[PDB]
J.: 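I'm sharing a structure that contains fluorouracil.
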Number of protein chains: 2
Amino acid sequence: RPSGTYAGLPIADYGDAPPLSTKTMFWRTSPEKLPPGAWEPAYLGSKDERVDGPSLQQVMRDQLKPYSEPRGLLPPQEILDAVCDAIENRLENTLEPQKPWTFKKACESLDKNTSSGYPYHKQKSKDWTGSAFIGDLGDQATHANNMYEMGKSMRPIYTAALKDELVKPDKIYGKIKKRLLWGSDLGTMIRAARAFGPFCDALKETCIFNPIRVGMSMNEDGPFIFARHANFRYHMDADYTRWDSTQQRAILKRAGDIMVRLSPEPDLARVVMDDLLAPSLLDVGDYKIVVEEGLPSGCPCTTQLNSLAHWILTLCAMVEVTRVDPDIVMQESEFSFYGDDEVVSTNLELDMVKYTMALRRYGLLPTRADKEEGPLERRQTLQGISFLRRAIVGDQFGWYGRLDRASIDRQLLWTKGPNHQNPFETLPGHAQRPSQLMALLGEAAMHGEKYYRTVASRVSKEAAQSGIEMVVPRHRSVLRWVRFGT
Amino acid sequence: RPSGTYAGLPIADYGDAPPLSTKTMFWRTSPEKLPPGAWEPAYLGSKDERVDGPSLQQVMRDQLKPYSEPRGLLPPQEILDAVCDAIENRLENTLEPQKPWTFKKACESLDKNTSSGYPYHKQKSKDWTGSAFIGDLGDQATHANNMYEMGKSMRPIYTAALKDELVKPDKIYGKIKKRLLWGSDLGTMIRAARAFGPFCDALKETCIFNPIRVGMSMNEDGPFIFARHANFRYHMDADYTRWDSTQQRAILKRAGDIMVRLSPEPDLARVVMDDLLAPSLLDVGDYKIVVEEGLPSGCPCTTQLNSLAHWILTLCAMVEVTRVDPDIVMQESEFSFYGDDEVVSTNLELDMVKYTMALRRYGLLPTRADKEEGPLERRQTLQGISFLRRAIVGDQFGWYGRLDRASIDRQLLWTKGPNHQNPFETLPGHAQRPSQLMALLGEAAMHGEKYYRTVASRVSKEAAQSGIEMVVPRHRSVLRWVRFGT
Ligand SMILES: O=c1[nH]cc(F)c(=O)[nH]1
Ligand SMILES: O=c1[nH]cc(F)c(=O)[nH]1
Ligand SMILES: [Mg+2]
Ligand SMILES: [Mg+2]
Ligand SMILES: [Mn+3]
Ligand SMILES: [Mn+3]
Ligand SMILES: [Mn+3]
Ligand SMILES: [Mn+3]
């Protein structure tokens, strides 16, 4: 056995995980000195020549703390039942009944350029023929499919990791922070995909009529989604600190319950869900620790499981404060969820102080989207609310999501390439970067003439020192392309 | 020459048109007695055994009166310039620039199961190979294309006709009324199609962002269109009596001006438009009369020319009453036009008495959508406004267009077939009618359980006495199909 405490959590066995990556995927696009207080790749550990800091492993201990924190309270049982049944019912009425996912289709759906997790820690492509897994992964997949078809429980193993992403300089040179990732094992992946693939697809095709926006296109779908939010009087942001680690399994189980009953094979899906939500085994390297609470984020369905819990919690707080039936608040409101990310629009007169408190009571840590210091605030125009890193703007033509210039400028300073030790290194000219460049041009168009021109230059210099030179379109032409599509 | 008065209008030459059709396309679906005061095919003339009435030709004289009526006043010149430039400008900003239509593409686009008009009065298919006109129509088309390519004027000839459609019983057994149709000549058709096809397609792809809804799908597009209308505070119907005959050519010319400047071949399009709006030659049979005013409705672009004039008139009245810039009222409002059919939604505080008057002054005859006795009224919910024979309903899921039951029941009493003299005759079982039947089932779904079931029966009896028997779906399944699509 072991057991055994690590990072505040019970040790369940010895670890098998590779060492945490000590490298970043991001290369500077230009050799010149970086704009002051500009974002950089997150901390890379001891071998990181930018600052001396703790080991990556100590950074991860830090990320594990909240998972041993005392859970918040459950919402009132009567309210929780009402909102669950309402959500479920709305889903019965909107989801197109789907036919069961095959083994072939589950394997196909998986991202082939990411790790297989426990036990082989292979990249998924290495054992993939184009249509089936063979070799080692062939074994893991096949065994899992057998367990799935025979409704037999199998215990999932997650591999912990630290997200390589651009962060504010503070999180590098001030108090060092780096976000925790859970990596599902391939077995669990295929098992969850077969079970819940059909439900997730059903949900994804309902991305505009139902509040879970997973699978949406900001450009094509945003204007209709935002127009719906604008039918209602009051609008609010809410951001959440540490969403994943503050979740209650009890609530996750209710989200899971809804997912089961709406799956085309409920008896087989129940075994899968029970395993997913059973106390979780997480491989930190030296050990596999037990993480009883919070969200286990490794799998294909996770982002929708997470959004569904979010839907439940928002309604519970709303119902609790307003005292209107969950079904009726859903006719007086429009919601958008994507993991921790919410926009609530309503006609109900919601007490924003009592709303914040009711959420805080559930164990959540709400903050405003770009404002700081709560309670949460409501506004009487959608104009300026934020969702998915975009500002919601609205004009003569309609609503849209606009990426702020700080973000555009940022994507022009850094490019994605092979893993390497020094962030500041330049590679050669990225002729894999004409697709990205068009989108960015498009993103800048929405900021008007003067800004567009200034990124048009930056884009052209880069298109020169590259194997493909570009027709840089006129402002009005690209604006028209971005806003009006298709 | 001639000249010569007929129906209050100058006679320009002798007619060449076939006699007015004395038959209807509508067959009863059932032999049994018709529900009291139910709609029937419009009057068929002397040979019509339902009632004794005037000849079809006297019915048409009646329809020609308003075209010799004194025109209403033009809107204030300054306002007309402002709104034209605004509309044009909005179109510059939204329309995707198009490439010129070829001869092949113009010929392709034309409806092949309708008459070629002057001079051959042939059905268009009779001289069509699948890719080109040959024979007589080959000559007419080719000559017209030459005139078009050489920017040479050619004078259009319209053939008058009377619409075969279902009407309220009053228009048969009370005061006899039958609607006038203008049939373009094939030459003019191809000339207008080459010239204005590109503009019409550009416009059609902008059907949600721009107020001209030609080409929209009620089912797919309605919910987004209606959600936009719902962003605004006040909503209104307006129906118009005799829209086409009360139009001013001067205003039609401004709509035409906008269409020209946004066409990819403006110099060639100008010749076409000038001909279209020049005093019109209309063949009533015995004579070709001159109709100086009103809308000439024969052609491919007509419905958009008509909607564009409508856009101009609405804004002119709105600007005139509110005194806000046309561009600004377009940021405080959402419009829908389809020929004579309008929904105006606004946040502006519009004086509905002064609005009605300003319209009446332009020569228009506004009435409420289903209310009678003006001024026009505004409502503070879109809920219940009508557009394109549909009621706009809105619920938990969103907005939609619902066809009223009187209309559904109606489509179940009558079916389309070959022309014949007695409306009341039944044909056999229509196994060309399973597509129509599904849609109707779908239309009825939106009226809830009890109604749906009652048309489910009516539909099944009919599907029995037919060469294809049908799986009649459960209510919730079809409702879900109708509302949520695709
Ligand atoms: O609200 C959020 N926005 C973006 C994120 F990456 C996240 O975790 N939460
Ligand atoms: O507003 C209208 N609705 C339907 C019609 F046929 C018409 O001409 N006008
Ligand atoms: Mg957040
Ligand atoms: Mg009308
Ligand atoms: Mn989608
Ligand atoms: Mn969708
Ligand atoms: Mn369209
Ligand atoms: Mn459109």
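Order of sequence lines = order of chain letters (A, B, ...). We number chain A the same way the PDB entry does; the residues here are 7-492, in that order. So for chain B, numbering is the PDB entry's, and the shown residues are 7-492, in order. Just the heavy atoms: all of them, side chains too, but no hydrogens, waters or symmetry mates, feed the values below. Indexing begins at 1, ligand by ligand and atom by atom, following the structure's order.
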J.: Which parts of the structure correspond to fluorouracil, copies included?
T.: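 At ligands 1 and 2.
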J.: Which chain forms the chief contact surface with fluorouracil (ligand 1), and what is its name in the PDB entry?
T.: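 The main partner is RNA dependent RNA polymerase.
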J.: Give, by letter, every other chain that has a heavy atom closer than 4.0 Å to fluorouracil (ligand 1).
T.: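 Other chains with a heavy atom that close: A.
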J.: Using a heavy-atom cut-off of 4.0 Å, which residues UniProt lists as binding Mg(2+) in chain A are that close to fluorouracil (ligand 1)?
T.: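 The UniProt-listed residues with a non-hydrogen atom that close: A:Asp245, A:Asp347.
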J.: Considering heavy atoms of the protein only, find what lies nearest to atom 3 (N) of fluorouracil (ligand 1) and give residue, atom and distance to 0.1 Å.
T.: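 Minimum-distance protein heavy atom for atom 3 (N) of fluorouracil (ligand 1) reads A:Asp347 OD2, 3.1 Å.
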J.: Give the other ligands or ions lying under 4.0 Å from fluorouracil (ligand 1), by number and name.
T.: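 Below the cut-off I see ligand 3 (magnesium ion).
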J.: At what distance is the nearest protein heavy atom to atom 4 (C) of fluorouracil (ligand 1), and which residue and atom is it?
T.: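 Going atom by atom, the protein heavy atom closest to atom 4 (C) of fluorouracil (ligand 1) ends up being A:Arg395 NE, 3.8 Å.
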J.: Which fluorouracil (ligand 1) atoms are under 4.0 Å away from a heavy-atom of A:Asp245?
T.: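 Heavy-atom distances to A:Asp245 below 4.0 Å select 1 (O).
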J.: Just wondering, where does the PDB say chain A originated?
T.: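 Per the PDB, it's Murine norovirus 1.
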J.: Starting from atom 8 (O) of fluorouracil (ligand 1), find the nearest protein heavy-atom neighbour and note its residue, name and distance.
T.: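 For this ligand atom, the closest protein heavy atom is A:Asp346 OD1, 3.2 Å.
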J.: At under 4.0 Å between heavy atoms, which part of A:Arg185 makes contact with fluorouracil (ligand 1): side chain, backbone, both or neither?
T.: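 Side chain only; the backbone of A:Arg185 stays clear of fluorouracil (ligand 1).
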J.: Which residues lie closer than 4.0 Å to fluorouracil (ligand 1) by heavy-atom distance?
T.: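 The heavy-atom cut-off picks out A:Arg185, A:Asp245, A:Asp346, A:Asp347, A:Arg395.
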